[PDB]
*Asks:* 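Got a PDB entry here containing cyclothiazide. Few questions.
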Amino acid sequence: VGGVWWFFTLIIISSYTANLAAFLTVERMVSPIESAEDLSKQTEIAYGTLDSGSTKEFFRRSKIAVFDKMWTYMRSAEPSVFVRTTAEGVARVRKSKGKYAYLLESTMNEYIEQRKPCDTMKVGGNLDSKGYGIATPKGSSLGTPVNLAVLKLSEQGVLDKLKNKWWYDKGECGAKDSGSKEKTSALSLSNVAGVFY
Amino acid sequence: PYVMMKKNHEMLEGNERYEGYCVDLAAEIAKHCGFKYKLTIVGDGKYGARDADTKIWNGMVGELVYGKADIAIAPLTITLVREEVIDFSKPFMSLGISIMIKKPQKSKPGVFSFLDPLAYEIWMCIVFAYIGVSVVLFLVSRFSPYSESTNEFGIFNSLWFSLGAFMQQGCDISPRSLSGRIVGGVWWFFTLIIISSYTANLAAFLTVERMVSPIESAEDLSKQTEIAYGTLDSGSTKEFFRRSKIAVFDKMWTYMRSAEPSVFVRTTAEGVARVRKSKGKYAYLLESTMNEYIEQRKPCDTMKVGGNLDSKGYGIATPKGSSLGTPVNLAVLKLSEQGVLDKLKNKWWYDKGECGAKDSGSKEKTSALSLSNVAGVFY
Amino acid sequence: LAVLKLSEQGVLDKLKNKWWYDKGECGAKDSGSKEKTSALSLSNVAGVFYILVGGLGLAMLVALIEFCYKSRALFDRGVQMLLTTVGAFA
Amino acid sequence: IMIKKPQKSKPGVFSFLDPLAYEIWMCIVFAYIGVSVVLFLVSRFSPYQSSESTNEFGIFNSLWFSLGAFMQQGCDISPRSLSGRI
Amino acid sequence: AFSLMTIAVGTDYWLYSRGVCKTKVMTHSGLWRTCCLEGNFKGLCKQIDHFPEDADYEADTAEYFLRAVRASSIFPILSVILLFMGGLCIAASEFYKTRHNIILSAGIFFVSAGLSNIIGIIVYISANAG
Amino acid sequence: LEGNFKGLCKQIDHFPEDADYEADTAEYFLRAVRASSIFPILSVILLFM
Ligand SMILES: NS(=O)(=O)c1cc2c(cc1Cl)N[C@H]([C@H]1C[C@H]3C=C[C@@H]1C3)NS2(=O)=O
């Protein structure tokens, strides 16, 4: 019995030693806590949408069962999810220490993330689909000539390159510049204070 | 999965015979517009195109050019030469060029995977040294008379002492003679190296399995060529990399030109199994919704990585100047604001699946050692 | 004048590195840049077994010469005191 | 210069001691000999007959205490005096 | 033990590995006569050799020691001899009955038969690096 | 310190009045023990008693 219990502790404590090296050597970014479906499954994390927006109008006119739960919970947060301005919706995520998310348009979701204070991320795909369109008057003789040039812009890859300049190179620090930064420290006193406790 | 044959192709006629993604849309577009519709596949088997040698049109666009068809509800990509002779609505789905590869070989380790960082042919010599040492530690401490009763090292004690040294807790009875401690020293330095190399090589497994990074982008695909990547031979994708301005795609089209084997395949379905016969050593590049079809189908093994490398669309086509142009375009947008198309989408990509979507997700829940990774020690 | 026009535009260099490196049918970074693990092989730690088996031959031979020593059978304060004089001066 | 592609290695018989340099191993032995002699010199002080034979650290035992501490398997003997335990 | 020792030396299926029968395939690997089975010529054999790739023998200062010990085996062979001599000392219990050294003399060979047998397993495997 | 307004002391609000912090139950328990330093106060009690 003492022989079998020894080889037990030879493996268990060494497996503790080897993996605790691996957490400190390769300290990756934490995996996405919230995906598209899973944030509905977090009530311990919050989520919100605009006060007066057609994106708010989407969830009230949705019959989709996961989206039904989203409209069901957004009535049940005190204070409300309904921030009247997007700059408050930008700032509410920042000061919440990660408990609050804000569901808004993917263009504004990108451009805030590519600015100072470098302090958010954009995870998951889009919930619905929409598009921005060049608006011409009905019967205006540019309108059928115009959208042929838009197809001409996209087929050369220009409309990529116009946006890829404007959101990347006119942006900054981002989240893509963070991955290579590996620094390991001495263990601080807070890290194994629980052993002392 | 757009329009396919129903197995009840004998008992029914035409509209009732063919089903799928576009057919549900076809009854729905004709519902919000109110026109009698009639389904007919073109027998030429051609996407709409034009040739320079004949100056003739063909296929679904061609019959719209040549007056035969009346509307085109089909997976028809919106390009410039098709805009030239017929129309489109707003595009009813968005898609792009994606990358297909089989899922990595994620299996659970065996119950004997705690024994893994030392090879199996070492553990026989570890036991044979343990048998080899403990008998010698018996002999040296007991073959000499000079009385012989004072020692405590029997054959069973010398195992129990040596088994204590290897497990590093150590037993009570220590060797006291001169040559009896020479054997006791070396087995201590034996188990100092072997156990510490076990602790280090176990750290070699858990770290490198955290170091390996899969493909999440074109840049992570560009920076490794030990896994090959190629495209279909004659399609939208192959010409797409030719005229590419961007330096990210520019290196790939040079690389896909500068590979000695055939990175070009003949068809889509052959490109599916060719990744399955490469086993994490080849990636295939095709349209994303077609790629999202395959990674929902048996054997649930392929997967789409990264995002859309471009953005194209499928659109309903009317003849240019026909009377259906605005009311179809009024109906396609009406389905999007109602959100019907999402139900029309998520139906046929999942009910034809049988595979579980979003099964992988993240790897944070397996950050520590699970039970089954070391459950064999409990066994 | 065209040669200068080529090398300024990197046309020579893209012609070169394609035709030397990319058309090369192996890689210095295709095969060297892979990371794989190995369990320890017996050839990796064969030395610790050699000292051990070598130790047990030395553990027995010391025991056997002491066996004929104590069967077939140093304390004098002066003459090793001379050996203390010899060694410490040495 | 065209040399052959380097054959990678075979790890040597004496390559278990490879992470620590040729300097540091003899400095361990020179620390091994140093600490083991000194505790013998300490334990053969403090008599208060068997007063100088009180504690059981012979010169061969003081090697065996300093060897067992290095291999992490502890032995039966343990210092009793204050300057012995330091 | 000595019977299975002499069987193990003069037998030829120490390993089943992928290797050639002959320079112009699954091997029936032996220590002296490394044979091959299930081939085109099923049943013919080959003697062991220490140099498949031809280079300097003395180069790594243990590569000289490792190669020569394996093919010219003595550690599985001194396993045989010392186990053979000790077994005759088992018969020597009756010749000079109660000498009170003889049974001690036999077991020294048997323990040394174990020490020779284990190192010969090691140099077998360590030379089979590939 | 190291400014010409040295010698001006302030009652520290350890958890501040207006800050970007929302403390967890492992830390709001901690920072209350940090702010109301009961354990140095318990040192004052247990030496004197
Ligand atoms: N989810 S999806 O890809 O089937 C999908 C795709 C698309 C939808 C709606 C859905 Cl549900 N509507 C948009 C429409 C909204 C406006 C912008 C483009 C058209 C007009 N087209 S789309 O971007 O091609």
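A note on names: the letters A, B, ... follow the listed sequences, proteins ahead of strands, and every chain is numbered from 1. Heavy-atom basis, side chains included; hydrogens, waters and symmetry copies ignored. First listed ligand is number 1; within each ligand, the first listed atom is number 1. The structure has been trimmed to a portion of the entry, and contacts are counted only among what remains. According to its header, this structure was worked out by electron microscopy, 4.5 Å.
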*Asks:* Which of the ligands or chains here are copies of cyclothiazide?
*Replies:* ligand 1
*Asks:* Counting heavy-atom pairs under 4.5 Å, which macromolecule has the most such pairs with cyclothiazide, as named in UniProt?
*Replies:* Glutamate receptor 2
*Asks:* Mind listing the other chains that have a non-hydrogen atom under 4.0 Å from cyclothiazide?
*Replies:* A, B
*Asks:* State which UniProt transmembrane segments of chain B, counted from the N terminus, have heavy atoms closer than 4.0 Å to cyclothiazide.
*Replies:* none
